[PDB]
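Lab note: Dihydrofolate reductase, trimethoprim bound.
Numbers for residues simply follow the sequence, beginning at 1. Read the numbers this way: they start at 1 and go in the same order the structure lists the ligands and their atoms. Atoms considered below: every heavy atom in the structure, side chains included; atoms not considered: hydrogens, waters and symmetry mates. Structure determined by X-ray crystallography, 1.9 Å.
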Amino acid sequence: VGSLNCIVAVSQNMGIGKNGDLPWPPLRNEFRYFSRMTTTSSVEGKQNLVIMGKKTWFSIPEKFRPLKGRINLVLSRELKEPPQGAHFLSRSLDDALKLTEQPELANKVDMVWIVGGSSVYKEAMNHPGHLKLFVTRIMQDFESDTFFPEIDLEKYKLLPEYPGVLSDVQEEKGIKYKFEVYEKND
Ligand SMILES: COc1cc(Cc2cnc(N)nc2N)cc(OC)c1OC
Ligand SMILES: COc1cc(Cc2cnc(N)nc2N)cc(OC)c1OC
């Protein structure tokens, strides 16, 4: 298995969701960026794995579930099988990464992308190891009911640039946003 990563878009007041929808108007190029980063695998003959909680999975419109060209794993203790269209189910983040080491996935998975929601972000972010955060800063306040966990800048270093990540300010639908990459290793 390659690198472990979170990827998120977040408003200025830290909001990542409002009733399981985007707090902001849909940004098509911001979504393109999400699909590119998560789908692109270095290693030939492998796909990236995406890991998400159950609410995050059910927040995706049906036409976009599973995320195509990526292996989809949902986290849940209540579910007893992967939801319709998903590939894998695990009880917890720890268990999902342990699986990634079994024979049915060890040779299949390149990068792992945690795509939410806020409790799965929080445990990944607080767990020791090499982890990057791909964070889009939406530079406006948007009403939200779910939030990104605090980024501890003592541990996470913001990278001065990163291949395939535009560094300058973007704007769609009248909303300015920018891409950032953070990296810890502890
Ligand atoms: C969990 O699945 C998806 C989530 C999102 C939200 C999202 C959007 N942008 C960024 N940078 N990160 C995110 N996590 C965007 C998506 O496609 C644009 C997803 O695939 C269906
Ligand atoms: C591309 O993936 C998403 C797209 C949208 C906006 C959207 C875009 N197209 C359609 N048909 N329905 C929608 N709700 C909304 C989302 O979250 C509610 C998505 O999940 C990350």
- Find the UniProt domain of chain A that dominates the interface with trimethoprim (ligand 2). dhfr
- Query: In chain A, which residues that UniProt lists for NADP(+) binding have any heavy atom less than 4.0 Å from trimethoprim (ligand 2)?
  - Reply: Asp21
- Query: Other ligands and ions under 4.0 Å from trimethoprim (ligand 2): which ones?
  - Reply: ligand 1 (trimethoprim)
- Message: Which of the numbered atoms in trimethoprim (ligand 2) are under 4.0 angstrom from any heavy atom belonging to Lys63?
- Response: 11 (N)
- What is the closest protein heavy atom to atom 6 (C) of trimethoprim (ligand 2), and at what distance does it sit? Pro26 CG, 4.4 Å
- For atom 5 (C) of trimethoprim (ligand 2), what's the nearest protein heavy atom and its distance? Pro61 CG, 4.0 Å
- Item | Top protein contact for atom 8 (C) of trimethoprim (ligand 2), by heavy-atom distance | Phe64 CE1, 3.9 Å
- Can you tell me the protein heavy atom closest to atom 18 (C) of trimethoprim (ligand 2) and the distance? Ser59 O, 3.2 Å
- Item | Contacts of trimethoprim (ligand 2) at 4.0 Å, non-hydrogen | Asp21, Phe31, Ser59, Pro61, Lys63, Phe64
